[PDB]
Amino acid sequence: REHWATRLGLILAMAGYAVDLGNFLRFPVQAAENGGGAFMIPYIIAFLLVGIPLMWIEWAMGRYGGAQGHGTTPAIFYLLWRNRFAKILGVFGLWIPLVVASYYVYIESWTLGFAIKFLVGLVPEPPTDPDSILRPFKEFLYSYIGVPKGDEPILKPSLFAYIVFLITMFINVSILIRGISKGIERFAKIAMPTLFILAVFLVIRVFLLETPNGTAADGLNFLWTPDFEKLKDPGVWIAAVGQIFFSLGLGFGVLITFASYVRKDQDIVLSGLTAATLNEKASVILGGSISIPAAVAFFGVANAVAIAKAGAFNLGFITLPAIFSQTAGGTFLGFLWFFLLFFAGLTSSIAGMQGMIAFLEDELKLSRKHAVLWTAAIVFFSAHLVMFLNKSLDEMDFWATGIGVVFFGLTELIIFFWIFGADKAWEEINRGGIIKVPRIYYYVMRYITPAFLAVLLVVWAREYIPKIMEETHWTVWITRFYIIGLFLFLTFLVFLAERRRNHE
Ligand SMILES: CNCC[C@H](Oc1cccc2ccccc12)c1cccs1
Ligand code: NA
Ligand code: NA
């Protein structure tokens, strides 16, 4: 079985996964809408009661399973719990990241495409007024995606967008086919530094932004000034727990798979806590210093609320490109910005797609080459639903992310710590640990963490399901049809996996 070559490379791969577009876009938007600096109170709390505990647990289950040659949850859940159901529950952690890959790698391709379009200067050049500057870029993006101009829910992506998507897929395969060490780890050692450099460079450039409408200091002001009155809202405390979950990448079965390449007695306590810290630093220091400030600097603090309510997607693909077109040498900035995003995704997409590679290797005894190619084949095929069918992307995101993560995490907690036994689990976490987990975290992992995840479940159940189930167009059933079909298909492979083992 493959293994991580260097302790550093492990942390950089793990952090590479956690650091993504969410760091630079989603996190700054969530903070501004939920108390600003006051949002740090429920965010840090969720990081300590839910994020950190679950991080150690997925690392634990991973290494525990990796020692026995199994990187995926259909096998691992069957080692913690020896039930027919546990294999089935485990399919979700094989199903979830495969659904994400079905649309993320594509979104990742956009950044690459925009990065190229900006580097060669093939971008709109306005013209004055905000809607006169944004619209050429709002339309620039829509021509790439192929946003429907009619009542039809049909996307028509440009030939370029499709070709970049193919190139992007190819790039992923290139790294993935070289294995864990000479591929993922080797790239994590290049990507993360390059990522940091670009972030700092952009940060410095943004602080020097001065327009008649405001400055970057106005952006850091609006973002970090604390509105404690919003801490009364449960929704802020829900968004915080959700964000931490989302930022660390919990519930996707990616940490589990990655940590299964960690050797049996190697540290996971300190190593995980490090990678988790790298992610958070990137979010508050780098990410919160580029997007929101620059937006406020150019449009003034007057629109800072309107900008934040415009969503993370608009901020990153319409707003920020439009601002760069108005700055000295801004075409290059667009290139640095999109190339910054590109790597941030590429370091996550190679992680997300490793779970399916691992399964085919571990359970179906496929070579790494075959396991990589077939995984690429599945993702490429399924993506056409995202590329061509409007709002398919959102349906996959909704189900996979939302439910998947919350439900799976709570499943991971119960199986490992309640079913497999808390004491056996706690030892599994602290074993080989450079530092030991604080004795108080035993109670957090056993009660506080699943309580949070459960209240999150209930709130989530009440607010978002009734919405998607009735008010959405009928075409969502196509996406539902397909993502259900995937789960059935993955059930079947798991079935074939166990039938092959009884023979040998
Ligand atoms: C927070 N770090 C990774 C984010 C996570 O990343 C992934 C998580 C799981 C599988 C993935 C497969 C391909 C690409 C990214 C994947 C997601 C991003 C967007 C929706 S879910
Ligand atoms: Na993150
Ligand atoms: Na990444």
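Here, residue 1 is the first one in the sequence, and each next residue gets the next number. What's counted below: heavy atoms across the whole structure, side chains too, no hydrogens, waters or symmetry copies. In each ligand, atom 1 is the first atom listed, and ligand 1 is the first ligand listed.
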task = Provide the name, as given in the PDB, of the drug at ligand 1.
result = duloxetine
task = Name the main binding partner of duloxetine (ligand 1) here according to the PDB entry.
result = Transporter
request  = Specify the source organism of chain A, per the PDB record.
outcome  = Aquifex aeolicus
key: duloxetine (ligand 1) binding site (4.0 Å, heavy atoms)   = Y17, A18, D20, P97, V100, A101, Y103, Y104, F246, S247, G249, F252, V254, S348, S349, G352, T401
